[PDB]
Amino acid sequence: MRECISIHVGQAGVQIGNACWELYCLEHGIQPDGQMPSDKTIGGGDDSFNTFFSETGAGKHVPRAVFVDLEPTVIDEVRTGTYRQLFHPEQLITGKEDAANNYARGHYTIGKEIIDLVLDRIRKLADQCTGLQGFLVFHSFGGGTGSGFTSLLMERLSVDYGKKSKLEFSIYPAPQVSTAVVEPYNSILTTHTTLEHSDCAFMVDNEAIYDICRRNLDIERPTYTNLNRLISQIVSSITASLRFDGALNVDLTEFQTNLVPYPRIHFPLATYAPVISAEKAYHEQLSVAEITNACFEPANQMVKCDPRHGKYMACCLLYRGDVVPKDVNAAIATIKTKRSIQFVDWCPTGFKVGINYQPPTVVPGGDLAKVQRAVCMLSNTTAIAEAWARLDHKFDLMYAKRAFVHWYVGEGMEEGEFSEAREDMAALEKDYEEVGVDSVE
Amino acid sequence: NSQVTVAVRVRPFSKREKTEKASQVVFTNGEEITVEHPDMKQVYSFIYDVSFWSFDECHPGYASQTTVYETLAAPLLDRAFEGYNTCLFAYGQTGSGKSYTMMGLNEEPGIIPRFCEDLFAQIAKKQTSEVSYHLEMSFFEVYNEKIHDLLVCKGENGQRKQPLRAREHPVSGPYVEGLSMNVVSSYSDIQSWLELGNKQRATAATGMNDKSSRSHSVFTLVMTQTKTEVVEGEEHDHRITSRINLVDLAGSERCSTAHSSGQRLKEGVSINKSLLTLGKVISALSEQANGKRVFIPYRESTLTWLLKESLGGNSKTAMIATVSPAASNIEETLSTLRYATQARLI
Amino acid sequence: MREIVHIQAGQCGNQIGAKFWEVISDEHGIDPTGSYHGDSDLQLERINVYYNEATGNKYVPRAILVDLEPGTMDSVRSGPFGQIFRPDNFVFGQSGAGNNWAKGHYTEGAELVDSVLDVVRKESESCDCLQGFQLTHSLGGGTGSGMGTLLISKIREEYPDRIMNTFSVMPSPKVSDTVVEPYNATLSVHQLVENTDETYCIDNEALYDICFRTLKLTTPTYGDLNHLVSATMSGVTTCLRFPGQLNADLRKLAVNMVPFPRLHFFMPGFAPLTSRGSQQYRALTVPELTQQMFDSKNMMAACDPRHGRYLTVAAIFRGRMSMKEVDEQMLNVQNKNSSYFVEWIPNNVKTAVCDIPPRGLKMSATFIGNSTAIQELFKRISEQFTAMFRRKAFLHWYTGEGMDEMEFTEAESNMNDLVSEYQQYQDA
Ligand SMILES: CC(=O)O[C@H]1C(=O)[C@@]2(C)[C@H]([C@H](OC(=O)c3ccccc3)[C@]3(O)C[C@H](OC(=O)[C@H](O)[C@@H](NC(=O)c4ccccc4)c4ccccc4)C(C)=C1C3(C)C)[C@]1(OC(C)=O)CO[C@@H]1C[C@@H]2O
Ligand SMILES: Nc1nc2c(ncn2[C@@H]2O[C@H](COP(=O)(O)OP(=O)(O)OP(=O)(O)O)[C@@H](O)[C@H]2O)c(=O)[nH]1
Ligand SMILES: Nc1nc2c(ncn2[C@@H]2O[C@H](COP(=O)(O)OP(=O)(O)O)[C@@H](O)[C@H]2O)c(=O)[nH]1
Ligand SMILES: Nc1ncnc2c1ncn2[C@@H]1O[C@H](COP(=O)(O)OP(=O)(O)O)[C@@H](O)[C@H]1O
Ligand SMILES: [Mg+2]
């Protein structure tokens, strides 16, 4: 009825897709073998909902997802793991070799000879649909596949499919932390090619979640499991309106109209405010008046970017659980009363609201708690200009000496592409300054 | 104290491009040049040391062929006679004004004949019995960081393209082992040697156009003047060697847009690597003149390595960049400009 | 899958290999008969990175001996792990070199490198996808410096897009085991910097210091030194064999650790090295390992980075550990010790984490570092080189077998220009 395809691209993509499907299988009742013990006892209903999953005759439900890494090490864990009998083999191990942290291999050399199968499986999964709306692409700036393959794939999809909400759930580089010396070179060149074809690009950062998980969940020694089990909740809060019922169901075509004023500022953020554990699950009411402020309170955002250094061009709050709308209106009013939370003159309304009745589930073997009401705030700020500015500064410090460029020209690249991808980010850093200046009456 | 003096030259519309009513993206004012897209949103500026506005034959400051010669090459002549060395670079995408700018046409030539004929005239004027003059030429190329010579008539085999090698004599510097060095005193010899050479050059057909250069080509001259007459007798102790090096380079070939694998990409990768190393040499050597301690990477490329003694110390380099003002060549054009910009930089 | 060919050149290389295979097997469970008697399945999954499969579930490695004196053959054959190697790969010659580089590059090597490449190609084409190569050889001798460099220069001309490492056991400052080390080493670097992608300088005095101070071994032999070099060789090819939360490979490390094509000489290191009694008084964690991997006394390069500036550093962990600690501790090193790092690369640290640790440890680590300090290794060689070339001490053994002084001055000037390349990124 209302389908959505999920394109996991890279190690981060699969490490998040596993956490997402571990949740989507527990919510609806599906098992790792694609089976359903509960609802069949009754003999009716559509619990294993057809938005993300397909169906067969023997009860097997199959997800609508494509996986690709250009490296076997990750997908073979799925093939040999617990969720091996769920996925159709549309998991693309083409990993005779990896992208070596360079955007040039994922884009031209190692990208070609691999992309056509991805397009073919996307096409085979779209023909099954009856009015799909979406393409959720999971990827990672800084890497090669996530930087390059994402760009090439979006460039092909925007031609072959067109007016479909090509959404992105991306990991932004931490300003201090990183795991690659040539990460900015990849990030800038990813943005330059995706700034046209994408429609909305959500953004996280692994440093912010670390700070959160030590401040709120009280984890001093985490892993990536504890981060992706929290990202899966954001994505479920996004997709709940399609899978489940609810008062104000909010779909994916509504995000890009409310949060994206101009096609070049489609870089919003995310945050999950109730990140408390069972020790702290008690002693707190967890009402909407606390959560809507937590979502705006710094030290709870998922990208280290202080919005007090900027403004708010829009905001979307997607509730889920025993939430009454009047509490949401009171909360939004309280937020509008505060002086620190700055709003542009060209958006007095600001907010979109979404409400669902299904609470978040509790992935066992996890760190979160069972809450009766949870929230996700998407947000577009003028603050993220600081981060693009930082990355451009790094790019300049490195490219002034033409460091690491030989690895890129060695795989089909040209210095003009570097300067071209630079200037189209200066233009964006100037746009963010242009729009944030109030209108001259 | 070295000086570089990069430049640009904008070609006029060819008649074919005229009859299409193709648009004009490149504009000027004073000396600065700018590229205004058909979108007219993003505007750029690329101020240079020298600029040759050849967009028409009406505009003030129309830099004709005589002008381009007399403004760049003639200082190189006056320095080659002073006992210095000189190098010239000819960068330009296909269809930009390169061969017209180096060589020219029979009715309005380029730089090379105006170099060689000024040379021979000043020589036969200065050719006394006391001091003599000896010109020794060579003409070689580069291909996937391999050396090849363009002064041999290959017998038709698979190839006799001897993959020659570069060596480093300590005093005289780098050189090529096994290089033909023909002698010339009348310009019509150089034309015959070059017409036997460029046929042996490397090139192949691809999308944008067929006759696209895919190898750098150096044309070297050695002027030795035997002036030294010692008092006690007919002895000639000191003899001044002057090396001139005019190189026609290739294009960058952004291969993300042009599908190419196998050998063509192996050529484009190497051209791009050499262009980058050349940009690095020039951006370090312009700062050399400003007393800043910087090391020049001559060794990462054969082209910049063999010319360590022709792009350093006591010499006068030069770079001329030919770009089109058409609108179907805006991606290409800008690249060239930015290249030249990173060479001048101050 | 990615695959490796391990060439071994000279006594040092062929004695290191007998230890490297002795360990990789232990990690993969193979016995000296070629047979698998492990317990887990991770051992056999990515075993083709180093091995090939024989008839009856036996496993035969991609080793290529290339020596010219058979004194080292029978030591490997008649050993605890020599009955697995392929005898067609035991290349040997007679009439050895004599610690000469010209009798390994020109005279005797030019007669045998064809026979060697005929085996290298065989062990390549059996790979569904070749990633690169490995060359264990010791500068300072004849066959490891000459024949190895010849094979590098020819393999790269035949297989250029792939990787070609080299675990060069470079000379030592104080007590060298050959008088004409500098000649044989300079003429090797002249052909390694132009035909390599990542090279791993190893020095034996540093391994002595490690074996004496950290491990508290009063009687350290070469089997103990090679036991450390093997560990380092293993660390780079761990995320290629075993899984991880953040994977890596030769080429990722090459992109991150090689800013420019010439500066690919690395000071390695491996942690947790400890004594056999002091293991009761420790805590195997990430910060202690980072303390060791950055300490001057653990690096196998015989050169203090405290004299220079890390241009680019890496780290390849193994074990069930956190990524947050991995990020925070390395950032703490970037900040606390910022004088020993470069400012035109803000993140000078790469990371790589596997999940399947070594045979008997809950957590291990590995370290690679590109520092300006290693100029001291080469400058020193130059100060030896021109001390002898200026008077032509041992030259007639190099010219008589085919050479010229030009080939010596070329290498001298190249080495010195590389000393100068690392020097500009040290003071300003
Ligand atoms: C429980 C315990 O305390 O035994 C340890 C041990 O004592 C220590 C000291 C081991 C021991 O290693 C040494 O003493 C040593 C001496 C000289 C040179 C090199 C090592 C050990 O022998 C080494 C051995 O390390 C391994 O298990 C790995 O498999 C190692 N290779 C081999 O063991 C091996 C096996 C068969 C044949 C040849 C080698 C390895 C290291 C890196 C990558 C792969 C494998 C282990 C756990 C220990 C002993 C056994 C005491 C240490 O070794 C390593 C490489 O980590 C030395 O310090 C570490 C920390 C360990 O605690
Ligand atoms: N949140 C999260 N991020 C990850 C995870 N794994 C890797 N990353 C991010 O990925 C970046 C490293 O590059 P990758 O995204 O893994 O690149 P890749 O997709 O593996 O493609 P290659 O570059 O060819 O290896 C790091 O900056 C991490 O922030 C993960 O499991 N969870
Ligand atoms: N670590 C280690 N070093 C060695 C070994 N054998 C020799 N060396 C070193 O290698 C150098 C001699 O090189 P050699 O192997 O004789 O070269 P070849 O004669 O050409 O094969 C000396 O400086 C030694 O320190 C060994 O088994 N282990
Ligand atoms: N300054 C100029 N004035 C008039 N026409 C020019 C000028 N420069 C170039 N052209 C025209 O452009 C064309 C250049 O062709 P070509 O020699 O192939 O240039 P390139 O080698 O740069 O591609 C010629 O046909 C010539 O008529
Ligand atoms: Mg990867």
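We name chains A, B, ... by the order of the sequence lines, and we start the count at 1 in each one. These numbers come from the heavy atoms of this one structure, side chains and all, not from hydrogens, waters or symmetry mates. We count ligands from 1, going down the list as the structure has it; atoms in each ligand are counted the same way.
Lab note: drug at ligand 1, from ziftomenib, asunaprevir, remikiren, Taxol, rilzabrutinib, identified as Taxol.
Here, the chain sharing the greatest number of close atom pairs with Taxol is referred to in the PDB entry as Tubulin beta-2B chain. In contact with Taxol at heavy-atom distances under 4.0 Å, by letter: C. The shell of residues around Taxol (heavy atoms under 4.0 Å) is C:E22, C:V23, C:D26, C:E27, C:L215, C:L217, C:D224, C:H227, C:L228, C:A231, C:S234, C:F270, C:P272, C:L273, C:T274, C:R276, C:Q279, C:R359, C:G360, C:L361. The PDB lists the organism for chain C as Sus scrofa.
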